[PDB]
Novice: 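Here is papaverine bound to Pathogenesis Related 10-10 protein.
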Protein chains: 2
Amino acid sequence: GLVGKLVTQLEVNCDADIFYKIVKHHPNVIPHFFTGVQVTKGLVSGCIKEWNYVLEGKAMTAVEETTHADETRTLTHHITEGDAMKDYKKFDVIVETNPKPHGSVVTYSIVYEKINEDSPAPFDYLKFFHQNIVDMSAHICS
Amino acid sequence: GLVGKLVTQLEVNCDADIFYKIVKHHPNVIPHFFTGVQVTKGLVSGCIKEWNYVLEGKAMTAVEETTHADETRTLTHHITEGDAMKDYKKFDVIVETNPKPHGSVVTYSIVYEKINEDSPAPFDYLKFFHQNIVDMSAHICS
Ligand SMILES: COc1ccc(Cc2nccc3cc(OC)c(OC)cc23)cc1OC
Ligand SMILES: COc1ccc(Cc2nccc3cc(OC)c(OC)cc23)cc1OC
């Protein structure tokens, strides 16, 4: 099948709702910048960004639309164009934060559909997003 | 947190129960061998294997105990010793096969606890297990 999902899940010592608000509004362990716009539904609900970035040494671009759901503490990043779309027909990244039954569990999911069987699965992106949330989490404390 | 999980999930065009039986009883895109024993509860329920294998060029060993649950089509591989335990206090690999709401969805989950913050997350194992189930799946058809 061309269809799959990669996940990295990490425990964080931080209340879920506060951690979601931190991630929602938040650096450069990678060369990167973006231009773009915010989206409203007159309050900002999301954004559309064109990113320029370097992954594993290679410069790339991507157009990303981000939406959020405060009730479920979920952020959704929907990629519509760029280098990744040479490999994937569909590429979405869903970030979920839930309390432990303390602190919380953060899940990054990359939901993808390959263009064909020769396409790689997005382990490079999984590692990138993983190291990004590890770094962010290591700059927060009690 | 030192605690996390990595997942790779793939769709396969194959009934779930049959695919589980295939995985349960099943090669060498990696240098590897094992010695070990089978476990009974007088019917074999599992196995305990000492593996010798090469991952990303480096020879390694691991002691693995495998159990299965036919009712949930789940295989559990519990690592008790070897090279990975220099990095992880706990390392388990859970393989689940479920029908799509056709064919099925296979999930490999690596549930880990790092020894300390300097330990890597097991992306190397995730890619290995991923490429192994992709290869196996590509030798099955209608
Ligand atoms: C091709 O895949 C992507 C490429 C870039 C992004 C951009 C992005 N979104 C959220 C957080 C990010 C965090 C980043 O690091 C700070 C970053 O640098 C490239 C890009 C980020 C998202 C992507 O997937 C949603
Ligand atoms: C350190 O982690 C492991 C190392 C080796 C294994 C051994 C193993 N179990 C199941 C399927 C396997 C499939 C393999 O490839 C055919 C293989 O080669 C190293 C080892 C396998 C399992 C492991 O985790 C469960």
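Chain naming here is simple, since letters A, B, ... match the order of the sequence lines and numbering starts at 1 in each. Counting starts at 1 for both ligands and their atoms, in listed order. Every heavy atom of this structure was used, including side-chain atoms; hydrogens, water molecules and symmetry mates were not.
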Novice: Mind listing the other chains that have a non-hydrogen atom under 4.0 Å from papaverine (ligand 2)?
Specialist: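 Under 4.0 Å by non-hydrogen atoms: B.
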Novice: Which residues form the binding site of papaverine (ligand 2) (heavy atoms under 4.0 Å)?
Specialist: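 Counting heavy atoms, the site comprises B:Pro27, B:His32, B:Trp51, B:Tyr53, B:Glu64, B:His77, B:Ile79, B:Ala84, B:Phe91, B:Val93, B:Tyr125, B:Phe128, B:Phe129, B:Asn132.
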Novice: Could you tell me, atom by atom, which parts of papaverine (ligand 2) come under 4.0 Å of a heavy atom of B:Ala84?
Specialist: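 This gives 1 (C) as the contact atoms.
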Novice: When you measure from atom 3 (C) of papaverine (ligand 2) to every protein heavy atom, which one gives the shortest distance, and what is it?
Specialist: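 Answer, as residue, atom name and distance: B:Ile79 CD1, 3.9 Å.
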Novice: Checking a contact table here: which protein heavy atom is nearest atom 13 (C) of papaverine (ligand 2), and how many Å away?
Specialist: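 Protein heavy atom at minimum distance: B:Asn132 OD1, 4.1 Å.
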Novice: Quick one: does B:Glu64 get an N or O within less than 3.5 Å of an N or O on papaverine (ligand 2)?
Specialist: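 Such a contact does occur with papaverine (ligand 2).
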Novice: Does the entry model a covalent attachment of papaverine (ligand 2) to a chain, and at what residue and atom?
Specialist: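 The entry shows no covalent bond.
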Novice: Which residue owns the protein heavy atom closest to atom 14 (C) of papaverine (ligand 2), what's the atom, and how far is it?
Specialist: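 Answer for atom 14 (C) of papaverine (ligand 2): B:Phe128 CZ, 3.4 Å.
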Novice: Which of the atoms in papaverine (ligand 2), numbered in the order shown and given with their element, are less than 4.0 Å from a heavy-atom of B:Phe91?
Specialist: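 What qualifies from papaverine (ligand 2) is 1 (C), 2 (O), 24 (O).
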Novice: Tell me which protein heavy atom sits closest to atom 11 (C) of papaverine (ligand 2), plus the residue, atom name and distance to 0.1 Å.
Specialist: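 Answer for atom 11 (C) of papaverine (ligand 2): B:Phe129 CE2, 4.6 Å.
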Novice: Determine, counting only non-hydrogen atoms of the protein, whether one lies under 4.0 angstrom from atom 17 (C) of papaverine (ligand 2).
Specialist: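 Yes, because at least one protein heavy atom sits under 4.0 Å from atom 17 (C) of papaverine (ligand 2).
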Novice: Can you name the atoms of papaverine (ligand 2), numbered from 1 with element, that are less than 4.0 Å from a heavy atom of B:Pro27?
Specialist: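 Near B:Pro27, meaning under 4.0 Å from one of its heavy atoms, papaverine (ligand 2) has 15 (O), 16 (C).
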Novice: Starting from atom 5 (C) of papaverine (ligand 2), what is the nearest protein heavy atom, named by residue and atom, and what distance separates them?
Specialist: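 Of the protein heavy atoms, B:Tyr53 CE2, 4.1 Å lies nearest.
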Novice: Between papaverine (ligand 2) and the protein, give all atom pairs where both partners are nitrogen or oxygen and the distance is under 3.5 Å, as lines of names plus distance to 0.1 Å.
Specialist:
unit_1                : atom_1 : unit_2   : atom_2 : d
papaverine (ligand 2) : 9 (N)  : B:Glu64  : OE2    : 2.7
papaverine (ligand 2) : 15 (O) : B:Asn132 : OD1    : 3.4

